[PDB]
Amino acid sequence: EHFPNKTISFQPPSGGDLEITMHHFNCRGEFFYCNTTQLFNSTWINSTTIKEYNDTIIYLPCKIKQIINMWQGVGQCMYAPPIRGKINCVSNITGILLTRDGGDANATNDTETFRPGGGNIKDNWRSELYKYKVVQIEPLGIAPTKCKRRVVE
Amino acid sequence: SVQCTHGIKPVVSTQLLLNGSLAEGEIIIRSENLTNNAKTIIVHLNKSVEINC
Amino acid sequence: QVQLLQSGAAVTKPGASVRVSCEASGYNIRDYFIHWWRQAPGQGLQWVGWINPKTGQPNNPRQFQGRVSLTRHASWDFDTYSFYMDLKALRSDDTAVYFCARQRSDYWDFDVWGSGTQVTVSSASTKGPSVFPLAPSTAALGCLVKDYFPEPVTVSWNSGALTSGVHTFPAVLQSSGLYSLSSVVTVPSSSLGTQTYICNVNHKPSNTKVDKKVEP
Amino acid sequence: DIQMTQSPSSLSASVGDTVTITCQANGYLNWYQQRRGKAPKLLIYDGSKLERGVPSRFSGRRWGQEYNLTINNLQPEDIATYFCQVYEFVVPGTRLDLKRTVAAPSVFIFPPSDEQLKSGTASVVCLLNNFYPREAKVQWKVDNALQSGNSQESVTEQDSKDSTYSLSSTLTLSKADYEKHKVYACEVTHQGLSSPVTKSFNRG
Ligand SMILES: *[C@@H]1O[C@H](CO)[C@@H](O[C@@H]2O[C@H](CO)[C@@H](O[C@@H]3O[C@H](CO[C@H]4O[C@H](CO)[C@@H](O)[C@H](O)[C@@H]4O)[C@@H](O)[C@H](O[C@H]4O[C@H](CO)[C@@H](O)[C@H](O)[C@@H]4O[C@H]4O[C@H](CO)[C@@H](O)[C@H](O)[C@@H]4O)[C@@H]3O)[C@H](O)[C@H]2NC(C)=O)[C@H](O)[C@H]1NC(C)=O
Ligand SMILES: *[C@@H]1O[C@H](CO)[C@@H](O[C@@H]2O[C@H](CO)[C@@H](O[C@@H]3O[C@H](CO)[C@@H](O)[C@H](O[C@H]4O[C@H](CO)[C@@H](O)[C@H](O)[C@@H]4O)[C@@H]3O)[C@H](O)[C@H]2NC(C)=O)[C@H](O)[C@H]1NC(C)=O
Ligand SMILES: *[C@@H]1O[C@H](CO)[C@@H](O[C@@H]2O[C@H](CO)[C@@H](O)[C@H](O)[C@H]2NC(C)=O)[C@H](O)[C@H]1NC(C)=O
Ligand SMILES: *[C@@H]1O[C@H](CO)[C@@H](O[C@@H]2O[C@H](CO)[C@@H](O)[C@H](O)[C@H]2NC(C)=O)[C@H](O)[C@H]1NC(C)=O
Ligand SMILES: *[C@@H]1O[C@H](CO)[C@@H](O[C@@H]2O[C@H](CO)[C@@H](O)[C@H](O)[C@H]2NC(C)=O)[C@H](O)[C@H]1NC(C)=O
Ligand SMILES: *[C@@H]1O[C@H](CO)[C@@H](O[C@@H]2O[C@H](CO)[C@@H](O)[C@H](O)[C@H]2NC(C)=O)[C@H](O)[C@H]1NC(C)=O
Ligand SMILES: *[C@@H]1O[C@H](CO)[C@@H](O)[C@H](O)[C@H]1NC(C)=O
Ligand SMILES: *[C@@H]1O[C@H](CO)[C@@H](O)[C@H](O)[C@H]1NC(C)=O
Ligand SMILES: *[C@@H]1O[C@H](CO)[C@@H](O)[C@H](O)[C@H]1NC(C)=O
Ligand SMILES: *[C@@H]1O[C@H](CO)[C@@H](O)[C@H](O)[C@H]1NC(C)=O
Ligand SMILES: *[C@@H]1O[C@H](CO)[C@@H](O)[C@H](O)[C@H]1NC(C)=O
């Protein structure tokens with residue numbers, strides 16, 4: 001709806017640091033780096049053929065790092081100690097961070113590409129505090145009235 | 001107006017928004033301008049899909 | 001102060017890889033975006049991509065994707081940077097100057113601009129210049145600087161002393177990849193056919209000088 | 001979808017004048033002026049806002065979708081190219097130069113030596129010098145016959161002193177088709193010249 005007539009396509013991140021090409025998050029002390037490259041390609045033309053498939057589960061490789069500069073230049077260099085025992089994480093996928101790609105100066109082929117990842121850490125919060133504005137109340141008001149303070153003679 | 005906000009988690013993630021909230025309306029698309037590619041594009045879901053890693 | 005500077009000219013063979021750099025240190029560079037612009041000769045500008053110094057995230061248009069690559073290399077103090085491109089598998093008609101610019105605000109205004117690097121790619125690899133005379137029958141007189149590659153070559157007459165009404169046409173390139181430009185100087189009408197001139201050139205890429213004694 | 005247009009881009013003006021250029025767009029416009037083979041400089045951004053360290057002669061008229069960039073008291077240094085820039089699309093631009101400096105061209109033909117033919121190559125040039133306006137037709141003919149797709153034409157920059165131009169027409173020929181016709185003509189018709197002119201030459 002937000003784009004007139006262009007088919008949509010997806011591609012994995014085109015490069016950059018490991019904090020952008022990868023899906024970075026935390027579990028109980030250690031940090032994960034999952035590829036998530038099978039979830040960010042497709043195309044959609046006219047939905048003429050419904051590619052019905054079986055209930056296939058998707059398995060994503062996930063490298064694990066220990067020395068993370070999770071903030072670019074203001075966070076201290078880290079070293080998470082290894083955590084004992086099997087660790088399992090169950091969570092919610094509520095939002096996805098996207099990024100468009102520029103068009104051509106000659107002739108668009110009625111398509112646009114979207115890429116995941118990117119964005120500074122602020123966007124992870126701007127998508128949640130989006131419904132809160134802070135104001136101060138000015139509790140003094142002025143208005144006409146037909147009472148004149150009856151001053152004592 | 002409310003006295004003050006509900007809960008918010010300080011969870012940090014880069015490519016996806018792990019364990020956040022949901023909007024009851026529909027799939028929302030938020031940006032500064034969608035016509036400007038520089039700004040990020042934030043999509044919001046109404047049916048959270050469980051992750052298990 | 002901003003001193004956004006770009007490296008010198010680089011020439012490569014077809015199908016090879018090229019690298020052009022650009023640096024920025026004179027302000028808080030950890031927060032403004034950087035953009036690359038290429039301009040085909042005798043043609044308008046053309047976007048190449050935008051890279052964020054914060055994370056190194058690239059972005060490319062449809063046609064240049066895959067072939068191009070954008071990368072940054074920070075310093076330890078986050079004060080001096082160095083941005084590098086790499087255009088793998090260079091094509092034929094991609095000889096153009098490449099510009100690095102800076103983004104000031106969300107209005108997509110660019111204030112600081114780089115010096116610009118001339119990049120040319122073609123076959124018919126490096127060789128010296130050969131000058132073929134033209135014999136005249138006001139008037140003119142030319143010293144055709146044929147069959148040389150690559151650009152540029154100095155041009156002067158009579159050790160630069162006699163430059164009466166010079167007209168050095170810009171170097172037009174033929175199919176062979178050997179540059180050729182015509183340089184003429186205004187000369188009287190009836191006095192020609194007996195006077196003698198000399199043309200001297202130098203080709204810095206090949207470092208060879210040939211002095212030609214043009215005669216009627 | 002952002003569409004771009006431009007003024008007819010073939011404009012000229014005299015010293016100490018005012019000129020108007022037009023851009024149609026539906027976004028943010030930043031005016032850039034560029035020299036010949038030099039990095040373009042930002043001139044006016046947001047249509048009307050004027051950048052720090054810019055001569056006051058410039059102006060910006062944000063009206064509807066139309067856009068204006070009027071320069072006052074046109075000086076010789078103002079001779080450059082101008083274009084309006086939006087997020088991604090960039091217009092071809094505009095060409096600005098001095099006007100009305102009429103001068104008649106002169107076809108100049110110089111037969112070469114036989115030395116290059118020993119290397120199996122022939123090269124002769126038709127020259128058009130000291131003329132304005134630029135537009136004209138320059139062609140070769142073999143004993144007054146059609147010749148096309150075999151010459152490479154170059155034009156120098158605008159002539160600084162007389163505000164004129166100069167066009168070169170270099171022709172490449174094979175062995176047989178060169179000396180088969182001893183004399184050639186290079187007819188050129190141009191606004192500066194009153195009547196079309198033809199030339200002749202001889203080798204000796
Ligand atoms: C989105 O939301 C989900 C759901 O809430 C969330 O997943 C939850 O994550 C938290 C933390 O990451 C999990 O909490 C941990 O759970 C384990 C599970 O252990 C079970 O099994 C053992 C036996 O093996 C039982 O003993 C135990 O009772 C459980 O049944 C706990 O073992 C963890 O306990 C540690 O932390 C507690 C915090 O109070 C301590 O009290 C406890 O002693 C343990 O502390 C140890 O480690 C500390 C360092 O972490 C150390 O300081 C201590 O000294 C000590 O050594 C812990 O409670 C929770 O189970 C997850 N939910 C589910 C359903 O599994 C996601 O994390 C969230 N999204 C994102 C992105 O985070
Ligand atoms: C980024 O997003 C913002 C929205 O947050 C977007 O702002 C839009 O700008 C355009 C033009 O820049 C606005 O279009 C105007 O809409 C008003 C509505 O009444 C019209 O009246 C306007 O026409 C008059 O405007 C001139 C202003 O001086 C008049 O002088 C003149 O007479 C015109 O007739 C004009 O059409 C638009 O309203 C806003 N808001 C939106 C679209 O919600 C901004 O343009 C975006 N940046 C881009 C696309 O680059
Ligand atoms: C995530 O998976 C993608 C799958 O496409 C990997 O991309 C491949 O990377 C290798 C690197 O050795 C290349 O040789 C391949 O050409 C890439 N594409 C394919 C289709 O294999 C990507 O490398 C993975 N992420 C990481 C961090 O390795
Ligand atoms: C991840 O999504 C699931 C699906 O909604 C959540 O499951 C329910 O979440 C609500 C939240 O208000 C709870 O009240 C319910 O008890 C949950 N279970 C059921 C069966 O409805 C799940 O809670 C989400 N993850 C987290 C950490 O909240
Ligand atoms: C989540 O949002 C989507 C749209 O963003 C909902 O899908 C639409 O539902 C309405 C309800 O009648 C239909 O009229 C539309 O045709 C649906 N659109 C599409 C593309 O299918 C969806 O129902 C919402 N689901 C939940 C659980 O909130
Ligand atoms: C989350 O993942 C874990 C492990 O990937 C699941 O634990 C498995 O559950 C199945 C079915 O209950 C058992 O057959 C396996 O033996 C369990 N362990 C492993 C290593 O596979 C867990 O059930 C998953 N939970 C959800 C809600 O998806
Ligand atoms: C886009 O699609 C609509 C409806 O399907 C159609 O009316 C229109 O002509 C198409 N093209 C453009 C450029 O809007
Ligand atoms: C993802 O989709 C693209 C779209 O054409 C396809 O070329 C590619 O092979 C797919 N897989 C990967 C790993 O990129
Ligand atoms: C996802 O859906 C699309 C469209 O129906 C289809 O082309 C593709 O094969 C599907 N992939 C999986 C894994 O179901
Ligand atoms: C430090 O070591 C890294 C390891 O690759 C290297 O890339 C970098 O150039 C070195 N110097 C600085 C100042 O980071
Ligand atoms: C921009 O130029 C047009 C061209 O005629 C003219 O009306 C005026 O100078 C400007 N238009 C405006 C400011 O609406």
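Throughout, protein chains are lettered first and strands after them, A, B, ... in sequence-line order, and every chain is numbered starting at 1. Partial entry shown, contacts counted within.
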- If you rank chains by how many heavy-atom contacts each makes with chains C and D, which has the most, and what name does the PDB entry give it? Envelope glycoprotein gp120
Check: What is the identity of the drug or drug candidate at chains C and D?
Finding: 3BNC117
Q. Which other chains have a heavy atom under 4.5 Å from 3BNC117 (chains C and D)?
A. A, B
Q) Which chain of 3BNC117 (chains C and D) has the most heavy-atom pairs under 4.5 Å with chain A? A) chain C
